[PDB]
Asker: 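Shown below is the structure under consideration.
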6 protein chains.
Amino acid sequence: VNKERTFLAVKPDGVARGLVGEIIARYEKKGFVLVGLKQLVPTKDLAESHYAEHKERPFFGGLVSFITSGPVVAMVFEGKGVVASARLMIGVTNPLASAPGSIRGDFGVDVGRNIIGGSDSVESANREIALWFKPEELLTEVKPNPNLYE
Amino acid sequence: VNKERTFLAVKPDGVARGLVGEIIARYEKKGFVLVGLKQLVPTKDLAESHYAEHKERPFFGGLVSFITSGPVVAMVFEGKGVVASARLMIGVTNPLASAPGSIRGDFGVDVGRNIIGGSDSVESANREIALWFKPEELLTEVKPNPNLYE
Amino acid sequence: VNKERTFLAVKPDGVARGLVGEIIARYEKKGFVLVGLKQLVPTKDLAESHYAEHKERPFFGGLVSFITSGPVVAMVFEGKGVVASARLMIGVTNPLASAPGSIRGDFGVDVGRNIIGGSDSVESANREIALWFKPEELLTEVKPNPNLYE
Amino acid sequence: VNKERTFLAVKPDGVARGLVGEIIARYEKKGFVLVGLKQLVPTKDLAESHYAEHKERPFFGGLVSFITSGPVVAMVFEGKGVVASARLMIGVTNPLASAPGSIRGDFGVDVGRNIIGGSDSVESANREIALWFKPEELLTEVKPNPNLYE
Amino acid sequence: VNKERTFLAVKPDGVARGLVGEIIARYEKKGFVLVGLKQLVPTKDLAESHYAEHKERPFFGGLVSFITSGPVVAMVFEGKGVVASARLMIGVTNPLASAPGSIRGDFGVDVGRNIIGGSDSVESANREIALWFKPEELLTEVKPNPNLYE
Amino acid sequence: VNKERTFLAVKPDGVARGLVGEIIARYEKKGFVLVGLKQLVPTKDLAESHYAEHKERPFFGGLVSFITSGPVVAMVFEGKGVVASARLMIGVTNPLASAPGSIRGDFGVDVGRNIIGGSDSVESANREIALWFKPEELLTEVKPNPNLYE
Ligand SMILES: Cc1cn([C@H]2C=C[C@@H](COP(=O)(O)OP(=O)(O)OP(=O)(O)O)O2)c(=O)[nH]c1=O
Ligand SMILES: Cc1cn([C@H]2C=C[C@@H](COP(=O)(O)OP(=O)(O)OP(=O)(O)O)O2)c(=O)[nH]c1=O
Ligand SMILES: Cc1cn([C@H]2C=C[C@@H](COP(=O)(O)OP(=O)(O)OP(=O)(O)O)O2)c(=O)[nH]c1=O
Ligand SMILES: Cc1cn([C@H]2C=C[C@@H](COP(=O)(O)OP(=O)(O)OP(=O)(O)O)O2)c(=O)[nH]c1=O
Ligand SMILES: Cc1cn([C@H]2C=C[C@@H](COP(=O)(O)OP(=O)(O)OP(=O)(O)O)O2)c(=O)[nH]c1=O
Ligand SMILES: Cc1cn([C@H]2C=C[C@@H](COP(=O)(O)OP(=O)(O)OP(=O)(O)O)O2)c(=O)[nH]c1=O
Ligand SMILES: [Mg+2]
Ligand SMILES: [Mg+2]
Ligand SMILES: [Mg+2]
Ligand SMILES: [Mg+2]
Ligand SMILES: [Mg+2]
Ligand SMILES: [Mg+2]
């Protein structure tokens, strides 16, 4: 369905580096529709829940501390296959291994400063969207450009 | 000082046209810092208050109707002379008269579909920021970039 | 030979979305030479001979009606290995599976609105070029650029 | 009216320099609609009727020979005030005096290789369009985009 | 003459901010030819001579100290009217007053962090070129794209 | 470590084509730091030493002739995994086989005119940097960007 959604966060490094607009632009050019958007400084609570699946992993700590270190631009995008697509557009975890053309491939070098984060499955997307956004913050009236879908 | 702030809004046409990232990128590249950001569908009240100075102008009804017809991406940018600079970057009210290089100049043709709106003075900016953003949505921590400011 | 040619069409969706220049620019930047160009609204017969290989397939009907639904910008580009290179630049049939960096990968989300079409072999290209352009509409003189070719 | 039209030609230098897509993209992004497009090598008669107003001027001869020296991409764009707007987007006769942001300002350095030509009045445009395009080569159906026009 | 030259320096702020390529690209797109290029950390001696005309002015000190604070990319560009043109492309001293489309207008906010510096006259250009570059560092064989000049 | 360096060279075709800024910008945007930069016309000796590994290859003579036929912009970039990353960003030897998004993929069509050259290993990089740059031309002071490196 063309109403699938995903959660993307331009991390503190992406924001500090002035990449918010560039990133949003990539998803707009693709045809995806912004249904949620805000800048905030994530609270430890938020980050911990966001990255709950990594509570164990040794890098969990610094990650939580990093995402809460400064402003982040949280976004929700809607469109057909947007979850998988946005990940393809982001690249892979390691920016050095990300293909040119992808966001990490074009802009990053370090795993811990990998610019943006995106939901890895519809299940996770739904969970993270609910986490970062109040329902009234998400559009209900979505208007994709009439030339994008059959 | 370098703490001046202005209110900018990508209107429904700018949003429908996928110009959000492009616009945000222009202000990021300029060196202004994003201190507030959110997408929302304006209410009649918000819209009428935002444009209160024009309540007796003939175009007011259509303007309020249009600004409330879809999502708007509201933002606040901070930096030296940001209010006058943002206006220069936007162009003039009529996009056809706006210079190539300005946002309306590069992207618009109709006064009623002029893509973005920005505060016209520090006074208007203070009033507009207050209308659209709660204090808690605006960053307080803004370390000036040593690369942008002497 | 450096005079290979391929047929590319910015489909009705690509034209309506204002992607004609962006697409042409990618081929110009690559070093391919525009030897034919025109905008037209395809007739049913043209569309049908163009997609003749799919006349028995289920999506054929919807494809032909779509191609004829609005203007198309038909082009012929010349250069070494332009047929296969132009396809690599386009992506794969499904824009969602097309890599960031490719035309469909950067701009599309639906197989039926996949922006551009390109010949898939030298044979198909010669055939398609003959279908869309009269000889007089194609450049005959193309001195290879010494900066692009040994 | 929103149906005003103007004639623009990417001159032989603009075409040879691979600026066709970049130029078209600027007009598409602005919101103007491509209603006519084709690449051709101008005949002496065409060039001469096109620049008829300069037939008595000294540079006329060199101008006509240049316009006919290689392919040109002729275009017709439609929209509110497109004639004057398209000229503002082009710059002024001398690219060196053309403002950054304009086509000549960004890409040229010589009056005789000034990249693109555009009609300078509605009268001239209608005349020029009739010179370069047969009616059948121009779109008749142009429903204004609701995002570009009130 | 098409062999006029000018000296441009991407200052430490321009380099620190990752604007070297963007700036060089603007001059290449314009048609100007790079005849000298190098990155170095300016010595006080160099900066003082470079900015000799301001030895008096109160801002002289900090300026010298700023240009010597980090790497700078020194460049020499050749083309018709390149001295005046490059200044027009740079903007005015104050980035806030520089027009969008110009380098300072697009990227800066502070007079002391104004990204790039360019010769203000052929006389000064010649002096600065001689100052920053050894004759053997400057091209003698200059090849402008044959489509730029009459 | 994050101090790895690689040698990159915009070949004469890349320079003639005005691709210098674009290429430098790609590496700047990626987060790699420019530690050396200069434009020069290679000598037969430099060229033969640079490509010594290919001295018995059939294409060696034409390659040496071409690389010495005009200016080259030589550069050294520093950062984690810069050598392999730079290669990924360049593409593969044959531009036609290089992926959209890579430099050769976006801009080239001929193996002999493949725009840029980059070290293929840390060993080759150390050798190449030493060939083209004196120690005094390479920055020694490189404070890692806190935004790019954990
Ligand atoms: C695996 C890993 C990750 N990270 C950082 C980067 C992204 C986040 C989450 O890691 P991940 O969930 O495995 O990667 P990925 O899906 O690509 O990233 P996110 O989109 O979830 O941020 O933590 C890190 O610092 N070190 C590591 O070793
Ligand atoms: C003058 C005018 C304007 N408008 C639209 C455009 C901007 C808003 C507000 O008008 P304005 O306040 O005078 O223009 P301006 O400052 O340039 O735009 P904003 O940044 O305030 O939106 O109304 C319209 O629809 N018709 C008109 O005749
Ligand atoms: C296979 C397929 C295709 N299409 C659309 C997409 C491209 C065209 C032609 O299909 P194709 O010939 O198999 O793919 P491809 O070469 O990538 O497309 P063109 O470049 O020829 O348009 O039809 C569709 O609407 N539904 C489908 O199931
Ligand atoms: C005046 C002039 C002009 N030209 C070239 C540039 C544009 C065309 C037409 O000149 P023009 O008609 O006066 O300027 P302009 O409208 O800006 O150009 P076009 O858009 O019509 O090409 O001729 C030239 O080579 N030498 C000259 O002295
Ligand atoms: C006038 C002025 C200048 N500056 C900085 C900016 C550029 C240089 C040189 O100033 P300038 O020579 O008057 O301006 P301009 O030509 O635009 O700049 P340069 O291209 O010469 O760097 O010093 C500053 O810090 N404060 C000031 O008040
Ligand atoms: C293989 C080959 C190559 N070349 C040109 C292209 C790059 C250089 C060096 O070849 P290479 O070393 O194998 O390719 P590659 O690493 O991709 O390119 P460089 O970054 O070293 O220039 O020679 C050529 O003209 N003809 C050929 O057949
Ligand atoms: Mg993850
Ligand atoms: Mg106003
Ligand atoms: Mg096909
Ligand atoms: Mg004229
Ligand atoms: Mg000066
Ligand atoms: Mg090699």
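Letters go in sequence order (proteins before strands), and every chain restarts at 1. Remember, it's 1-based here, ligands and their atoms both numbered in the order they're listed. Values below: every heavy atom of this structure, side chains too, minus hydrogens, waters and symmetry copies. Header says: X-ray crystallography, 1.9 Å.
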Asker: Per the PDB entry, what is the name of the chain that shares the largest number of close contacts with ligand 5?
Answerer: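 By the greatest number of contacts, it's protein (nucleoside diphosphate kinase).
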Asker: Hey, quick one: which of MKC-442, d4T-TP, WIN 51711, WIN 54954 is sitting at ligand 5?
Answerer: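 From the list, d4T-TP.
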Asker: Going by heavy atoms only, which other chains approach d4T-TP (ligand 5) to less than 4.0 Å?
Answerer: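 By heavy atom, the other chains are E.
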Asker: Would you mind checking whether the entry has d4T-TP (ligand 5) attached by a covalent bond, and to what residue and atom?
Answerer: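 Covalent bond target: none.
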Asker: Show which atoms of d4T-TP (ligand 5) fall inside a sub-4.0 Å distance from at least one heavy-atom site of E:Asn114.
Answerer: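 In order of numbering, the contacting atoms are 6 (C), 7 (C).
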Asker: Give the contacting part of E:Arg104 toward d4T-TP (ligand 5): side chain, backbone, both or neither, where contact means a heavy-atom distance below 4.0 Å.
Answerer: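 It is the side chain that touches d4T-TP (ligand 5); the backbone stays farther off.
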Asker: Mind checking whether E:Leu63 has a heavy atom under 4.0 Å from d4T-TP (ligand 5)?
Answerer: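 E:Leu63 counts as a contact of d4T-TP (ligand 5) under the 4.0 Å cut-off.
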Asker: Would E:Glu53 count as a contact residue for d4T-TP (ligand 5), given that I'm defining contact as a non-hydrogen atom of the residue lying under 4.0 Å from a ligand atom?
Answerer: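 Heavy atoms of E:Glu53 never come under 4.0 Å of d4T-TP (ligand 5).
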Asker: Counting only distances below 4.0 Å, which other ligands and ions neighbour d4T-TP (ligand 5)?
Answerer: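 Closer than 4.0 Å: ligand 11 (magnesium ion).
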Asker: Counting only heavy atoms, tell me which of E:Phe60, E:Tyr51, E:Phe59, E:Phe66 gets closest to atom 21 (O) of d4T-TP (ligand 5).
Answerer: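 Minimum heavy-atom distance to atom 21 (O) of d4T-TP (ligand 5) goes to E:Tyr51.
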Asker: Which ATP binders in chain E, per UniProt, sit with a heavy atom less than 4.0 Å away from d4T-TP (ligand 5)?
Answerer: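 Going by heavy atoms, UniProt's ATP residues within reach: E:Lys11, E:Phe59, E:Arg87, E:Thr93, E:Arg104, E:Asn114.
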Asker: Hey, which residues are hanging around d4T-TP (ligand 5) within 4.0 Å, heavy atoms only?
Answerer: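 Within 4.0 Å (heavy atoms), the residues are E:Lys11, E:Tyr51, E:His54, E:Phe59, E:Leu63, E:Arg87, E:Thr93, E:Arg104, E:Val111, E:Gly112, E:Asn114, E:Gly117, E:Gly118.
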